Number of protein chains: 2
Amino acid sequence: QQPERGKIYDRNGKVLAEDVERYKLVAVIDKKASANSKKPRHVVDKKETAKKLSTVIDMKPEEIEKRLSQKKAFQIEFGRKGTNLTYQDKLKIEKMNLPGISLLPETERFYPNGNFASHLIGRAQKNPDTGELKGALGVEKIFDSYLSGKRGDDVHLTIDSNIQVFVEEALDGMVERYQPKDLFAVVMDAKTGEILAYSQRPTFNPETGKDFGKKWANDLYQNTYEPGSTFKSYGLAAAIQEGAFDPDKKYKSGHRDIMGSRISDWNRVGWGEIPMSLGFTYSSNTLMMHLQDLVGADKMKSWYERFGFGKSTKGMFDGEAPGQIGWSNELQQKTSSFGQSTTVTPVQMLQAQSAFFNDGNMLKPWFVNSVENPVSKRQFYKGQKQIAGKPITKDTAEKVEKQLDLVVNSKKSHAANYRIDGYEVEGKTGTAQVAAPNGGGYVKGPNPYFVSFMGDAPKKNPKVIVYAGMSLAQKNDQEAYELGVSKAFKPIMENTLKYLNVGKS
Amino acid sequence: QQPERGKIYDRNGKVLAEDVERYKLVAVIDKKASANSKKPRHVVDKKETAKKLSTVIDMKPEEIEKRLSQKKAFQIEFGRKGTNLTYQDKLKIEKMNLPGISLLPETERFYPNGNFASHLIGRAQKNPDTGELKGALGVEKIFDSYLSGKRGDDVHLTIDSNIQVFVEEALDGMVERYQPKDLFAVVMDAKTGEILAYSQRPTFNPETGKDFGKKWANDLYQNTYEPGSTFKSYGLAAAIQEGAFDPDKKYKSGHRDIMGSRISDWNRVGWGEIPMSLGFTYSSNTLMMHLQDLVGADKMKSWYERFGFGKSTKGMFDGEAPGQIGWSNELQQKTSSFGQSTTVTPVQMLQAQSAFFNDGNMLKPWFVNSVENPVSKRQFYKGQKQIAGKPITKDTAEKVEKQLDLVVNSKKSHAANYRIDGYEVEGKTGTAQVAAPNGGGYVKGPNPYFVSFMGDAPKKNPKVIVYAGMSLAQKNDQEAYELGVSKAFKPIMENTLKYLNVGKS
Ligand SMILES: *C(=O)[C@@H](NC(=O)c1c(-c2ccccc2)noc1C)[C@@H]1N[C@@H](C(=O)O)C(C)(C)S1
Ligand SMILES: *C(=O)[C@@H](NC(=O)c1c(-c2ccccc2)noc1C)[C@@H]1N[C@@H](C(=O)O)C(C)(C)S1
C-alpha cells in the first residue's frame with residue numbers, strides 16, 4: 001500500500017536513510033487452524049516453542065510462554081521484541097520448523113550507519129496500522145512531504161560520511177573523557193559554506209530509536225549559547241575597520257569598572273600597558289571593553305547585527321533560533337564584547353567567521369545539496385553558495401586573520417595546545433559561563449564553563465572551518481577548562497585535512 | 001529563563017496541560033567542596049546516604065552508591081529517577097539533612113489527568129540545556145508558536161473532561177476485552193460540530209512519556225479506514241434525493257456478480273424480494289449495489305464528493321489525511337457502495353453524518369474553542385460552528401433518519417445490542433475487512449474486521465453523535481464480530497446523555 005519513502009544521501013551518494021523489508025513474528029495458537037491438516041499449523045508445545053524463540057528474540061522463555069497462553073486468541077505477536085527482525089533472524093526461526101510460527105514482511109526505515117549525524121538526519125516513525133512513515137526530527141521531518149510518496153523524492157546532503165566518521169569518533173572521546181552535558185562539532189567548507197560534518201552529544205540512534213526524544217534540539221540551528229571569547233573576532237573586525245584597533249598601539253590592561261562590577265582580565269592583574277595585538281593573543285577582556293568605548297556603543301550594536309547576530313540565518317532547518325544581542329545596559333553591552341550575555345547559534349558563528357576568508361563576504365551555511373525524484377528526474381531544489389552579507393572589507397578580513405594566526409602561533413600564545421604537527425592552524429578560544437535554566441544565574445561549580453574553539457586550516461587560506469563546543473564537563477572539569485576542546489579539534493582537523501589531500505609540512 | 005508555556009484548557013476551564021516546578025537531585029561528592037566550611041558540603045557517608053535516599057527516589061541503594069563512587073567528578077545526578085521530584089519529596093529529602101545533597105528547581109510540563117485525550121492534547125518535550133519546551137504532537141505541536149512565550153497564550157479546547165472520562169473508561173474496557181490493534185471513539189455535539197471527547201488505543205501518557213512515539217498518527221484526523229457499512233447512509237441519502245430509494249418498493253436481494261467476484265448479502269442467500277427499507281435494516285449489500293446502478297456510477301461519485309469524502313475537512317489538526325474514493329473500476333465502485341475500497345477519516349464520517357440532523361447541512365467538526373493570552377487578553381482565534389456544505393435537502397435528511405431509527409429499533413433489527421434502556425438510539429453498524437500493510441489483499445484470520453457504529457441520541461433530535469471503531473480484535477474476535485463496538489457505545493452514550501441532562505424513560 002505505502003509508496004517507497006525517498007532516500008537521504010551524503011554528498012558522495014552513500015545511503016544515510018532508506019526503506020528496507022524486515023519481519024514480524026506471528027504465532028497461531030488456535031487448534032482450528034489445524035482442522036484440515038495432518039501436520040499441525042498451530043503451536044502444540046508452548047513451552048518448547050518459547051524456549052526456542054528466546055534464542056532469537058530478546059525475551060525470556062517465561063514471558064514468551066505467558067504470551068502464548070492468552071485465552072480466546074487466534075494468533076499472538078510479541079510486542080517490540082517480535083518485530084523489526086532481520087532476514088537472518090527469519091532464517092534461523094524458520095529452520096526450527098515450529099508449528100504455528102511464521103514471519104510477516106514489513107517495511108522499516110533503515111539507517112545504515114546507526115548513530116551517525118543523528119540530529120541532522122532525524123528519524124522517521126512508523127504508523128503500525130498502515131505502515132505510513134512520518135519524519136519526527138531533522139531532515140526526515142523538514143523534507144517529509146518530498147520524502148513521502150509512486151516513490152518519494154530523495155534528499156542529498158552536503159555531509160561527507162568520511163569526515164563525519166572523524167567527528168563521531170572525536171565526540172565519543174570527549175564523552176568518555178569529560179561527560180559533558182552538551183557537546184557539538186561542525187566542519188564547514190571555508191570557501192562554499194557546505195556543512196561537511198555535524199554531530200552533537202548526547203544524541204539518539206535513529207536506527208533503534210534509543211534516546212530519541214530526550215533532547216529535541218539540534219545544537220547547530222536550534223540551541224543557543226553565550227559564545228565566550230570566540231565572539232571577540234567580530235569586535236576585533238569592527239574595531240579594525242573603524243580605525244580603533246592598532247596592533248602596535250598600547251592600551252592599559254588590568255580591569256574596568258562597569259556599573260559597579262569589576263571586569264578584569266583573566267589573570268586578575270593584567271599585564272600593564274601592552275600592545276593591542278598581544279592583548280588579543282592573551283584574550284584580554286579589557287582590550288575588548290576598551291575597543292567598544294573607542295568605537296561607541298551604538299555603532300558596535302550595528303556591527304554585531306551586520307555580522308548576522310540576533311537574526312536567523314534562514315537555513316532549511318526547522319525552528320532555527322535567532323539568538324539575541326545583549327545590549328540593554330552598559331554591563332550587558334560590555335560583557336557582550338567578550339561573548340557573555342549575548343546568545344548565538346553555532347550556525348551564526350560559522351556564517352560570521354566565514355567573512356574572514358572570503359574577502360569580507362559571509363557565506364550562508366548550507367547542508368542540503370538537492371531534493372529530486374530518481375524516477376521522474378525532477379529537481380525540486382538545488383543548494384548553492386550564497387553570500388549572506390559583506391560586513392567588512394577585504395583589508396579588514398586580512399588583518400583579523402593575522403590576529404587569529406597569532407592567537408595560536410604567537411611565541412606568547414596561550415593556545416598552543418591547538419597546534420597540529422605538520423599543519424598550520426589558526427583560530428580563537430572561548431570559555432564562558434552557562435546560564436542556569438531555572439533561577440536567574442549561572443551554573444555553579446568549580447569550572448562550569450562552555451569551552452569552545454573556532455578554528456580553520458590551512459591558516460590564511462583554509463579549506464575548512466571547524467567549530468567545536470563543550471558545555472559543562474561533569475568529569476575532568478579542570479582539564480576541560482585547561483585544554484578546551486583541543487582533544488576534539490585536533491583529531492577532526494588533522495584527519496579532515498589529510499582526507500582533503502592537504503599536504504603536511 | 002524560559003517564558004511560562006501557555007496552558008491547554010478543556011471547555012469548562014479545567015487544566016489539561018500547564019508548567020509546574022519540580023526538583024532534581026544533586027549530590028556533591030568531592031571533598032574539596034568542604035575546604036573552608038564548619039559543616040561538610042559533600043557526601044561523607046556513602047552508605048548511609050544511599051540507604052536514606054532509597055526511601056524517596058525509586059532506586060536500589062546499591063545503584064545509588066555506585067553512582068556516588070564516580071571518579072574525577074565534583075557532583076553527580078541520578079538519571080530519570082532523580083528528576084521530576086515533587087515539592088513533598090523536596091521536603092522529605094531536606095529534613096534528612098544529608099551533607100552534599102540539594103535539590104535544583106526545574107520546570108516541567110504537567111498533564112494533570114495523565115493518559116487523557118493524549119493523541120489530541122499531545123506532548124511537549126524539554127531541552128535539558130535551556131529548559132525550552134517544544135510540542136512534539138497534537139495541540140502542543142499545532143499551537144506551539146502560541147503556547148511558547150512574558151507568557152505564552154492559552155489554548156482552550158471544546159473537550160469536556162467529564163465526557164472524556166466516560167470515553168477513556170469505555171476504551172480501557174474494550175482493550176481488556178478484545179485487545180484490538182486499533183480503537184477509537186469520538187463524541188460530537190450533534191448541533192454544533194464541537195468535539196466533546198476523543199480517545200484512541202493504543203496511545204501514550206503525556207505526563208510520563210510512556211509509549212510516546214509508538215504511533216504518531218491521530219486516528220480522528222490522520223488515520224484512514226475502509227469504513228464498511230456505516231458508509232451506506234450516504235449512498236442511501238443519495239438514492240433518496242435522486243428518487244431511486246422508495247422504502248416500500250421491492251428489490252431482488254441475494255448476490256451480484258461483478259468482474260468475476262460474487263458479492264453477496266451477509267447471509268449468502270439473501271431474503272428474496274423484500275422492501276428496500278428492510279434491505280437497509282438488514283444492511284443488505286445488494287440493496288446498495290442496486291441503488292448505485294439506479295442512480296448511476298458517475299453521479300454516485302459526485303455524491304460522495306458532495307458529502308466531503310476524498311478531501312480534507314480543513315480542520316486545525318496537522319497533516320489531516322484526505323482519504324480516497326475508490327472508483328477505478330466497477331468492482332471498486334460497487335464495493336465502495338458498502339464502504340470497502342474507499343478510505344475515510346473518522347472526522348469525515350462525523351462531518352457527513354451531521355447532515356442528517358442539521359436539515360442537510362454538514363457541520364465542520366472542531367475542537368479548538370479559543371487561543372488567547374491571559375495577560376494581554378488578546379484573542380488570537382475563536383472557534384465556531386461552520387457549515388461544510390449542504391449536500392441534501394431537509395426532506396432527504398428526515399427520510400435517512402427514519403431508516404437509521406429502523407436499523408436499531410425495527411422489530412427485525414440485527415442491531416438490538418446497541419439499544420440503551422431508557423433512551424432512544426439510532427445509527428448504523430459496520431463490519432469491514434482491513435487492508436494488509438504489506439503484500440496485497442486483506443488481513444487474514446477468523447474474524448479480521450474493523451467493526452464500528454455511527455450512533456446518535458435521542459433519536460431524530462440528537463444531543464450527541466458517538467462514532468466508535470475497533471480494528472482487528474486479537475482476543476474475543478468472534479464476540480467483536482457479533483457485538484461490534486456495542487460494549488463501548490452503550491456506556492459512552494448513556495453516561496453522556498445523563499451528564500447532559502437528557503431524561504430517561
Ligand atoms: C573569553 O572567553 C574570555 N573568558 C572569560 O573572560 C570568561 C570566564 C573565565 C573563566 C575562567 C577564567 C577566567 C575567565 N568565564 O566566563 C567568561 C565569559 C577569555 N578567553 C578565555 C579562553 O578560553 O581563551 C580565557 C579563559 C583566557 S578568559
Ligand atoms: C457493511 O458493513 C456490510 N459488511 C460486509 O458486507 C462486509 C464483511 C462481512 C463480514 C462478516 C460477515 C459478512 C460480511 N466484510 O467486509 C464487508 C465490507 C454489512 N453490514 C455489517 C454490519 O455489521 O452491519 C454486516 C456484518 C451485517 S454485512
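Naming convention: chains lettered A, B, ... in sequence-line order (proteins, then strands); numbering from 1 in each chain. One-based numbering, in listed order, for ligands and for the atoms of each. Recorded method is X-ray crystallography, 2.0 Å.
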*asked:* Got a name for the drug at ligand 1?
replied: oxacillin (bound form)
*asked:* Could you peek at this structure and say which chain has the most contacts with oxacillin (bound form, ligand 1)? A name from the PDB entry would do.
replied: Penicillin-binding protein 1
*Which other chains does a heavy-atom search at under 4.0 Å around oxacillin (bound form, ligand 1) pick up?*
A
*asked:* Okay, heavy atoms under 4.0 Å: who's in the binding site of oxacillin (bound form, ligand 1)?
replied: A:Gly228, A:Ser229, A:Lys232, A:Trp266, A:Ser283, A:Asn285, A:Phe338, A:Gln340, A:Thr429, A:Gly430, A:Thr431, A:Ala432, A:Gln433, A:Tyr449, A:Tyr481
*Quick one: which oxacillin (bound form, ligand 1) atoms are inside 4.0 Å of a heavy atom on A:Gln340?*
18 (C)
_Covalent tether of oxacillin (bound form, ligand 1), if any_ = A:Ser229 OG
_Per-atom contacts, oxacillin (bound form, ligand 1) versus A:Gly228 - under 4.0 Å to a heavy atom_ = 2 (O)
_oxacillin (bound form, ligand 1) atoms in contact with A:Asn285 (distance to a heavy atom under 4.0 Å)_ = 3 (C), 5 (C), 6 (O), 19 (C)
*oxacillin (bound form, ligand 1) and A:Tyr282, any nitrogen or oxygen pair closer than 3.5 angstrom?*
no
*asked:* Polar contacts were defined as any N/O atom of the residue lying under 3.5 Å from an N/O atom of the ligand; does this apply to A:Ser283 and oxacillin (bound form, ligand 1)?
replied: yes
